[PDB]
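The structure described below contains sampatrilat.
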Amino acid sequence: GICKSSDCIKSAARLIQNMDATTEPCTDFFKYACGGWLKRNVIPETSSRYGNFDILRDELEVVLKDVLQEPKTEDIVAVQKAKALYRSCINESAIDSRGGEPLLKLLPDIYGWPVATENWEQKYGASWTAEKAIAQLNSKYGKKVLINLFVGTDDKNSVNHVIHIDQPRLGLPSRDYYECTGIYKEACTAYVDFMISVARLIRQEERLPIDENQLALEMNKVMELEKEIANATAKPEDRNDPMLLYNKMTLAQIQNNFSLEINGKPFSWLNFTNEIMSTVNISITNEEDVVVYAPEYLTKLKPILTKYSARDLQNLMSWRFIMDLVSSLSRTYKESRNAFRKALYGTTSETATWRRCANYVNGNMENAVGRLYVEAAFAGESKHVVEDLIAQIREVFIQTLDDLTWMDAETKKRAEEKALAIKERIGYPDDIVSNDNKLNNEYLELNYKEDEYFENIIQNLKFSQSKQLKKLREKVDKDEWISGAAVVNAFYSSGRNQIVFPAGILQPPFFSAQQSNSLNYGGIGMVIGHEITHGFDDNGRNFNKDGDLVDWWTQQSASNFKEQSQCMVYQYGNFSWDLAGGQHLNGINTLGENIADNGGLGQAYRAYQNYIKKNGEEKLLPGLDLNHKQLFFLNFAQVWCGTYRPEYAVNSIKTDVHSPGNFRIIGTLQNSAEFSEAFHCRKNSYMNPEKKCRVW
Ligand SMILES: CS(=O)(=O)N[C@@H](CCCCN)C(=O)NC[C@H](CC1(C(=O)N[C@@H](Cc2ccc(O)cc2)C(=O)O)CCCC1)C(=O)O
Ligand SMILES: *[C@@H]1O[C@H](CO)[C@@H](O)[C@H](O)[C@H]1NC(C)=O
Ligand SMILES: *[C@@H]1O[C@H](CO)[C@@H](O)[C@H](O)[C@H]1NC(C)=O
Ligand SMILES: *[C@@H]1O[C@H](CO)[C@@H](O)[C@H](O)[C@H]1NC(C)=O
Ligand SMILES: *[C@@H]1O[C@H](CO)[C@@H](O)[C@H](O)[C@H]1NC(C)=O
Ligand SMILES: [Zn+2]
């Protein structure tokens, strides 16, 4: 009584080859489920982490290579542009023959780079202002420095767009790096070395005298400046509550309550915002409503920038943009980034060019490329089976509301309302395949030259930013997908109350219409519950059924939610990551994701129980001394088989809101009595602690 189909056999082979049965499931289920895989594999030199997700993504890149590399006589314009963009990206010979000349032509348009200019104060400083300088990088090239001003959705009115003002990203992975001691020292050194390397190459190409001490001087003041900005930014721990983060006020209020003296001139928030919004012929007045997400950061920023000069600021300003462009120039400029890349990611080589390019074209033309990917690699049968699964999971979540003892009736009724209102996106939007006109018009304003790769990417920055700035006065399009189809992930949008499962993730081990149900539920089923539970975690719970930031919790049910979720904070916060140097995981910044991982797996299991009840046991897999309840957990754990480079473990433990894959498995299964039941785990074994956390 065993399944012997071709599809059952591949499932079993993959499961057996990846697992390590000589480990005890109740001592360490990560090694039991993934020991086989870890011993067989080594992280590629071009990868910072490697595992099931990464392999499936590199596989997806191959499909994109196949469909992008050969032009076809039947291609529509939208497709012709993507292939032309791919071909310009992979030429490399054409790119190298241009040296840095594409960058030199661009620097005059961002008020130059003082370290690589001569008499910068007389050329630009005369007609230079913080308002104009920051605005030019924001509105034309989408680079947000010092002050990140962007157009987004209104958290308290998900139909409109509003102007947000938030603290900017930093050159290094996180503010923690700017200690520049111990584990962050090498990264800080490579970063400033990276500055000087680029500054030297530009001056060399401009035939300018090179004063090595003057280079070190200016570029180290840039680091002492970004150190200050970095220390002024808010922690992620202090940005977890969207209610407290949402501070709406007019531009007049901002001028009163958040002034800035920069290079003597008083900063004008009305001149800064109009310098940006004029890029699309839009006028702004002092009565404009603005949402400030980092007011604390703006106040600490006032006495930082009074100290520095227009030159000192612009040296950091342009460096943040040049930082990203050297990779798109000749190999002399590409190489200047090596020591910095290795410090942050551990990688000794750069990803294959065709792999980089396929990803770039997919990231900028995601509907045109999604069309090519689904036509070549996606079934269509799959779309309807997943709808069925999302229906089963959504109901298990509602069903489970009644069993929850820490919520009162009125909060449960409103929790059920939001759940029923969740909008689902499966596979791909049908009109990217059927409506050729709509797709061509998405890219009509774009025109790519094949020998001019650098000019193409600049076009895409301006197009990407111009289209976002134009959204200020228009309503949120509801039909829009939050992700392309050629993506191996899934997403939830609190502003839209929308879960999405692109075609890229609807393949094994996650899902297949031909693999055992125990695997589907433990795979895509757990992912579906995970995305659903995002609408109810420490952040998504603040949004109602329409994407509006509004309290719908009773004082008691809110207080209890915090109480229940504090267990998971301490659990994961007590995990030490050997790869990150024994550092502890940040249980606060990972809470939302561990809630989703724990609720999601719970919802999937109860959906597989409900299925067995209505349908019964399916046949077991060959070569596995495991029943289907144990197969459920095995496949769920094998979704996360992976490992990190030490350099990137240090990076991700600060910047990744997810737990590392190994601790997602252990933390989640430690809180699951059903796992311990399935694997008959002793009490207080490592995988079955008597104290177990639970929110959803
Ligand atoms: C506003 S937003 O929509 O953009 N919010 C993001 C927040 C995180 C961004 C990361 N892109 C979001 O929802 N992201 C999708 C992500 C999907 C899941 C996930 O874990 N995916 C991992 C995949 C991975 C990759 C490499 C590796 O070695 C190990 C694992 C990941 O991406 O790291 C898929 C299974 C459950 C969640 C989620 O739901 O959080
Ligand atoms: C790369 O660009 C050069 C210069 O424009 C051109 O001669 C060459 O044919 C291109 N390569 C390919 C494969 O088309
Ligand atoms: C970092 O910011 C805090 C808050 O303003 C301040 O008290 C502290 O002195 C700053 N640290 C440095 C090194 O400037
Ligand atoms: C902003 O001020 C500058 C003078 O510093 C001026 O040239 C520019 O036109 C102003 N921009 C707007 C949009 O008012
Ligand atoms: C570890 O767990 C204990 C017990 O709840 C808790 O007091 C402590 O804060 C946790 N450690 C971390 C780093 O979260
Ligand atoms: Zn998540």
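The numbers used for chain A are those of the PDB entry, and the residues that appear cover 54-749, in sequence. Every number for a ligand or one of its atoms is a count from 1 in the order of the listing. Values below: every heavy atom of this structure, side chains too, minus hydrogens, waters and symmetry copies. Structure method, as recorded: X-ray crystallography, 2.7 Å.
- The ligands or chains that make up sampatrilat in this structure: ligand 1.
- Most heavy-atom contacts to sampatrilat: the chain UniProt names Neprilysin.
- Most residues around sampatrilat in chain A come from the UniProt domain Peptidase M13.
- Residues flagged by UniProt as binding Zn(2+) in chain A that sit under 4.0 Å from sampatrilat (heavy atoms): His583, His587, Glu646.
- The residue in chain A annotated by UniProt as active site that sits nearest to sampatrilat, with heavy-atom distance to 1 Å, is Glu584, 3 Å.
- Residue list (UniProt peptide-binding, chain A, heavy atom under 4.0 Å from sampatrilat): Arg102.
- Using 4.0 Å as the cut-off, the other ligands and ions neighbouring sampatrilat are ligand 6 (zinc ion).
- In this structure, the binding site of sampatrilat at 4.0 Å (heavy atoms) is formed by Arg102, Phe106, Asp107, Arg110, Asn542, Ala543, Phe544, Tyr545, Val580, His583, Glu584, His587, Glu646, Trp693, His711, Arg717.
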